[PDB]
Amino acid sequence: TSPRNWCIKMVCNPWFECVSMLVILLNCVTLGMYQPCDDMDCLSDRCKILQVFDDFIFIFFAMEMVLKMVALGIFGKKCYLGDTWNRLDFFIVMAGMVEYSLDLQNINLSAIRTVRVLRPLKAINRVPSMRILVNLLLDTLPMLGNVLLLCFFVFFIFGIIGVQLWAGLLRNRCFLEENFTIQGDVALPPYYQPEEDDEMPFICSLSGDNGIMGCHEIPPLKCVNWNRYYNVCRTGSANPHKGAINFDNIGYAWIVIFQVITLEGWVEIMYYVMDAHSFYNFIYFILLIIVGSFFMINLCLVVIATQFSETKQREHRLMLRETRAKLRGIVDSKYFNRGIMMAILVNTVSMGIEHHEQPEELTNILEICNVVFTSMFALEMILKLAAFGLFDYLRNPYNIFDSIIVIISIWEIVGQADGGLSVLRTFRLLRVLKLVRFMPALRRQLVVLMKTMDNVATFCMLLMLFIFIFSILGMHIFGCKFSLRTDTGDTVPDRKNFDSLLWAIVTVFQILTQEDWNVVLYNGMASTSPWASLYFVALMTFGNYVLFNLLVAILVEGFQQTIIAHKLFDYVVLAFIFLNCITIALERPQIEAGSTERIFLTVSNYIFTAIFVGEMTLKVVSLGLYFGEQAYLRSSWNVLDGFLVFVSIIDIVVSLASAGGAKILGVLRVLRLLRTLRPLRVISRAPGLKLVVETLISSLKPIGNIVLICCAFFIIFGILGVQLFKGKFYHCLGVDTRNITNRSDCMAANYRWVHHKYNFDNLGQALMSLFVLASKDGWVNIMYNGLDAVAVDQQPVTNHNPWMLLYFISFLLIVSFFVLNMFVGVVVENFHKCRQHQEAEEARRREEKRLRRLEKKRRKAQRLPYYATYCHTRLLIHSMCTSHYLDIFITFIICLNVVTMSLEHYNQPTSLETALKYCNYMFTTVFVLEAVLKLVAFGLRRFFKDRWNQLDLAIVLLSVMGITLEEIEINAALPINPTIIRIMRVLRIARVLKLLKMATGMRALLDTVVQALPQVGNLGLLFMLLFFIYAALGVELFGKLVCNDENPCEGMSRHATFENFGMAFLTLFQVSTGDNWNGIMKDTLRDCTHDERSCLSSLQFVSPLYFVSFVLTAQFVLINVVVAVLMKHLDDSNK
Ligand SMILES: CC(C)CCC[C@@H](C)[C@H]1CC[C@H]2[C@@H]3CC=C4C[C@@H](OC(=O)CCC(=O)O)CC[C@]4(C)[C@H]3CC[C@@]12C
Ligand SMILES: CC(C)CCC[C@@H](C)[C@H]1CC[C@H]2[C@@H]3CC=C4C[C@@H](OC(=O)CCC(=O)O)CC[C@]4(C)[C@H]3CC[C@]12C
Ligand SMILES: CC(C)CCC[C@@H](C)[C@H]1CC[C@H]2[C@@H]3CC=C4C[C@@H](OC(=O)CCC(=O)O)CC[C@]4(C)[C@H]3CC[C@]12C
Ligand SMILES: CC(C)CCC[C@@H](C)[C@H]1CC[C@H]2[C@@H]3CC=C4C[C@@H](OC(=O)CCC(=O)O)CC[C@]4(C)[C@H]3CC[C@]12C
Ligand SMILES: O=c1[nH]c2ccccc2n1C1CCN(CCCC(c2ccc(F)cc2)c2ccc(F)cc2)CC1
Ligand SMILES: *[C@@H]1O[C@H](CO)[C@@H](O)[C@H](O)[C@H]1NC(C)=O
Ligand SMILES: [Ca+2]
Ligand SMILES: [Ca+2]
């Protein structure tokens, strides 16, 4: 109409969208200036003027809303409320309206002011690339419901188990005697806490509960052993971590299960449970990690990638002067280019040399070397501008880059006064970048990287919007609430606080990286209220398991003589290895020399070596070593076996030379190390593992380019880190650690000059620290040491140099992107391979698939026995009583049962327990009722043919057994061990599995997993084998690292040490998960007090290599498991 026609021109003007986006950004800026720790009551100039800007923004929002409705109409597909984000704009408009109205009413209500945080979210529709990406993501969400209901299963089952088992156990610290006698001066705390004010508790075990720590393992204080008086322990006070980790409710159990889903702070709470209740809870925690933490979130990645692929396909288908030439010859000589390559390589080698307290002569050598190299590069500059000419030089901008290097280098040489020495040295790294102009494959690889970034840009902008929104929200609800109490006289804020928007963003990024996010969780959820964990859950989930899987999907979709017998020899030699491996699983460095076990191990090694050399001889006489083709050494695995047997012979010969053991000890160490590799012949002597290892190696080459690029970035950033930090990572750890500046002041107080173990002195330690950063573990501590570092030899101060965040976050982001593109590379390769075959086999299956269609045509009607069940008092059971309306009843009763076990908690009112008992009776009776109905519906033919009614039978049998045993303790007929009742309550959870019948989508998803078990099982066997090899190596290497008070460990706490074999197999399982593995490495490389040669040994050279190789191999094996599942998923989606 005419009134609409007045404003359609303005509202449809792209200028209107431009000014809209501009006011969105200005609103974001006004939000950013919030200072919760400083902005109390808004009694300042900045506060009032920002309130004025927010008023203006609200005015503009109301104006744009009203014009858009009057010009587009209301409540219709073409009207204003047609598109989602128009409705969202409506929502924030009304929210601001009510906020302003309540502000007029003089009501503070800092619970609706927090709604402002949704305002930046309006920009999502004002950028078309963002619009289309978010539209696709929203459209691909609704197919994600299946994995989320799987999430509900694997949270609810374990939460019920936990609340039934460990309810309230966490509380029970260790108290004093009942009628205790003290002369006076009451300093004895009510219970015992080893560290001040209960951040590390001493959870005991009640009498009657078989815990492991039972209040007689307390440390004797070091006079008067006051601690020994802590005799008995009863419940009370608070659960551990400021009342944040417990299993009392089911909400708390869900919080804890979420924490161990993120694989952070895991062994801490596992050891709480072990302290309190039983030693056998590692089964509970490991079964959760394997299922809940790996087969769950990676199923989310698989489902998101697959569904996004098909939604992209769907939307796509919807559309459906003379010597110049002479000198030119020397330039492209194919020998001069390699000469300047060698020049640049030795230049970067020279650059990496410098370190802390470098030799006085060496720095002069380096500076003259720099002069030589810049002179050579300038010579190349002049010769190339001469033989080519000014225009020919500028034709390729790589020449421009080289000229830039030349000019900055000569400027650095000239700039010897000030300023230049601080920065122009730091630009020397660009000289390394000249290699790309030479190496060919590293041109196409970077080109395809840029092709990816072409689309990754919009996702990156989306990510920063998301992180900004959540940082604003956190800074609201947690603002100035993390004030850590006094420690040296003042309440120093936690470094992870939310007080300033800079710290808000860096803390939200920290949490997104899942490193020390539990510290923030506890320190926040004990500040506001226990419901504050929903914020962390929403952040971590919506970010990590949705947006990032979206990024992965974006990349993946973007890239589109004598007699010889060989009948059963392999199985028997595999048996012999099993035996050898259980001979290898016992050499703990604690068996006393000359014991029965030592002798048994020696003789077992003797016979096993005899058997293996015998089979080696058999094979070689069958084939021959290298005498022509098809010999013994024409295959890799035979070469490996020969290598192992040769090392075995060397070891036995040297061992028999034990006399004169001086100077050969290192040889013995190396020979033991190479012994531990012997459990690797299974791959050769088993077909599936052999094929899988070949497939791994084959998939390893197409990602080689990215690996080399990532290693180059590691070297570049390592040299950069050496440049920035030289010897700044020294801090005066003492009783005061205050009012002291430099080493001289520290020695004045005589405390100590402690040296951090993760530093940037050398380039090797630079690479170690960079690997720690890149693996998202313990990187916050390194970042704190980086920001705090002040100068060469004095105390770091808190946040001295907040600019290093750029380095410490840019490294994480770049390394993370390279790792993501490495995965995406594995998938593409594998798909290409299978797709090439696939169709061939599947064609024949489709020829058989129509036969299966013909098979169902046979199935039409074999006179089903409904009539025999008709008129026999059950004409209604078989037909009217087996309808879906009778199964909605069963599902509803299942949900009521779920929500009624979801109500148990510690110290519940007795009335609630009685009501739950009555509800259990109700539900058992009804389950019996439809069990009998189903049994009368049909005889025993289909009763054993359903394969699912048996599940109902088992459940009803468990339920009736449970209700029957309840009577036994009503009448006290027989003394029943409460363990039986425990098992029965905890097993009542089996009534949940009845939902699987209706959830056909979950059935399909779990199936798609199930027909991946060839590859998945072979990879799992490989993974166990890798743990075995690395555990044996670790036991041999770090076996004797004593952990006591005088050697305070950081990561190997109680059973995570390497002493035994299994105790090391656990710590390998812990390192693989990436929880406090950096702590374990710091524990190993630890100079001791000359108590042992292991501490003084070559640990520094070999411990980091051990840990890095293990972490890389474990992660790669897991990636290959995931890609196998994903390919089978795409194949199933094809059919
Ligand atoms: C390549 C990326 C993917 C991972 C980085 C691998 C590093 C963990 C490796 C390669 C460089 C090695 C470093 C080379 C040099 C050294 C110096 C070495 O000797 C020392 O300077 C400390 C002892 C001393 O001399 O006082 C300590 C081991 C270390 C850090 C090495 C740590 C382990 C390192 C093997
Ligand atoms: C192109 C579109 C899609 C980008 C959307 C993201 C922006 C809306 C976000 C990303 C970066 C944010 C900026 C990050 C940094 C700050 C600095 C901040 O100022 C302060 O740091 C003050 C700190 C203090 O006072 O203690 C003001 C908000 C602002 C500009 C933010 C405004 C909102 C920005 C631009
Ligand atoms: C996408 C949805 C499902 C999650 C998005 C996160 C927020 C919209 C929700 C989830 C967590 C909730 C918070 C949980 C904890 C806090 C602190 C909590 O502390 C108090 O009791 C202070 C009471 C007061 O004086 O306001 C009050 C509820 C609140 C603000 C909640 C506000 C709304 C939050 C941030
Ligand atoms: C079957 C093959 C293919 C590999 C299986 C080997 C391991 C999975 C098993 C078999 C031998 C078991 C080990 C047998 C003996 C020991 C020593 C044992 O040490 C002690 O308990 C001594 C301390 C004490 O007695 O109090 C710890 C368990 C452990 C490591 C066992 C851990 C689990 C092991 C390594
Ligand atoms: O959550 C995050 N925020 C972050 C912010 C910055 C940097 C990293 C961030 N992270 C990661 C943290 C852990 N987690 C999976 C790790 C690797 C994972 C993977 C690797 C590559 C890839 F392309 C997709 C998924 C994977 C999955 C299965 C495996 F078997 C091995 C490894 C999700 C991403
Ligand atoms: C070390 O700190 C003290 C304490 O103020 C100061 O006087 C001195 O100049 C500093 N530098 C030294 C001793 O080189
Ligand atoms: Ca950690
Ligand atoms: Ca981690």
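Shown for chain A, in order and in the PDB entry numbering: 66-287, 316-413, 627-866, 1164-1738. For ligands, and for the atoms within them, numbers begin at 1 and follow the listed sequence. In what follows, every heavy atom counts, from backbone to side chain, and hydrogens, waters and symmetry copies are set aside.
- According to the PDB, the drug at ligand 5 is pimozide.
- Measured by close contacts, the chief partner of pimozide is listed under UniProt as Voltage-dependent T-type calcium channel subunit alpha-1I.
- Lab note: chain A, UniProt TM segments from N terminus, heavy atom under 4.0 Å from pimozide -> 6, 12, 18, 24.
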